[PDB]
Participant: 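Here's one more: a structure with methotrexate in it.
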Amino acid sequence: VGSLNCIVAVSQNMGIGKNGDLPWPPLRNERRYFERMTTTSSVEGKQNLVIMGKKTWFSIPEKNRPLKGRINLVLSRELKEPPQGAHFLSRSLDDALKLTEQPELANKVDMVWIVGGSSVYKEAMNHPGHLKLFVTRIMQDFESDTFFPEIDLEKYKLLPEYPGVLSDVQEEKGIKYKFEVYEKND
Ligand SMILES: CN(Cc1cnc2nc(N)nc(N)c2n1)c1ccc(C(=O)N[C@@H](CCC(=O)O)C(=O)O)cc1
């Protein structure tokens, strides 16, 4: 099992969800970025594991579930069984990581990508070790009811002009955004 990563899109007001869905309208090129980052494995022959809460799962259009070319895992304590389309359910990130050390997954998984929401990001950020955050900064305020944790700049480093990520400001649907990458290692 390779690196642990978070990927998130966050508004100026730290918003990441409203009613369990994106606070902003769909951003097609941003979503394509998401697909590329989460799908590309760093080890030939292996797939990445995408971990998400139940609301994130439901927010994905059903025609695109499970996310193709990635192993999908849902984190929930409320769900009794993996939701329709998913084959893995865990109670917590540590439980999910334990699962990747098991036969079914042990030699299938490369990167782990946490893809939302709030509490699973918090879990990942509280986990010791090397962690990269791929953050899309949505450059406007949007009404939100869930939020991304603050990034501890005493611990994380911003990585300017990160390779393979566009450094210039992007725009879709009149909404500007930019890609930033941070990392910690402890
Ligand atoms: C609402 N939601 C969660 C979502 C959306 N954008 C994000 N963007 C970033 N940067 N990070 C996230 N965690 C993120 N999460 C969605 C919605 C749709 C798809 C989706 O259909 N993705 C497909 C299709 C991608 C595409 O058509 O471009 C894929 O293959 O990843 C993913 C996540």
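Note that chain A carries the PDB entry numbering, so the residues on display, from first to last, are 1-186. Counting starts at 1 for both ligands and their atoms, in listed order. Note: hydrogens, waters and symmetry copies are ignored here, and every other heavy atom, side chains too, is used.
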Participant: Out of curiosity, which chain makes more contacts with methotrexate than the others? Name from the PDB entry, please.
Facilitator: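 The chain with more contacts than any other is Dihydrofolate reductase.
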Participant: What makes up the binding site of methotrexate if contacts are defined by heavy atoms under 4.0 Å?
Facilitator: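 The heavy-atom contacts are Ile7, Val8, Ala9, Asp21, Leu22, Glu30, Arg31, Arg32, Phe34, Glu35, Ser59, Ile60, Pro61, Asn64, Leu67, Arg70, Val115, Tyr121, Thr136.
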Participant: Most of the residues of chain A in contact with methotrexate belong to what UniProt domain?
Facilitator: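 Most contacts sit in UniProt domain dhfr.
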Participant: I'd like to check whether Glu30 has a polar contact with methotrexate, where a contact means an N/O of the residue lying under 3.5 Å from an N/O of the ligand.
Facilitator: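 The answer is yes, given that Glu30 and methotrexate share an N or O pair closer than 3.5 Å.
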Participant: Is there a polar contact, in the sense of an N or O pair closer than 3.5 Å, between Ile7 and methotrexate?
Facilitator: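 Between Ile7 and methotrexate, an N or O pair is found under 3.5 Å apart.
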Participant: Hey, does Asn64 come in under 3.5 Å of methotrexate, counting only N/O atoms on both sides?
Facilitator: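 Indeed, backbone or side chain, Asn64 has an N or O that close.
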Participant: Does an N or O from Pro61, backbone or side chain, lie closer than 3.5 Å to an N or O of methotrexate?
Facilitator: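 Looking only at distances, the answer is no, because the N/O contact criterion of under 3.5 Å is not met.
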Participant: Check each atom of methotrexate against the heavy atoms of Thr136 and keep those under 4.0 Å away; list them by number with element.
Facilitator: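 Listed by number with element, the hits are 10 (N).
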Participant: Counting each atom of methotrexate from 1 as listed, which ones have a heavy atom of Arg70 under 4.0 Å away?
Facilitator: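 Near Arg70, meaning under 4.0 Å from one of its heavy atoms, methotrexate has 29 (C), 30 (O), 31 (O).
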Participant: Only heavy atoms of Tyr121, strictly under 4.0 Å: list the atoms of methotrexate that pass.
Facilitator: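 Counting from 1, the qualifying ligand atoms are 13 (N).
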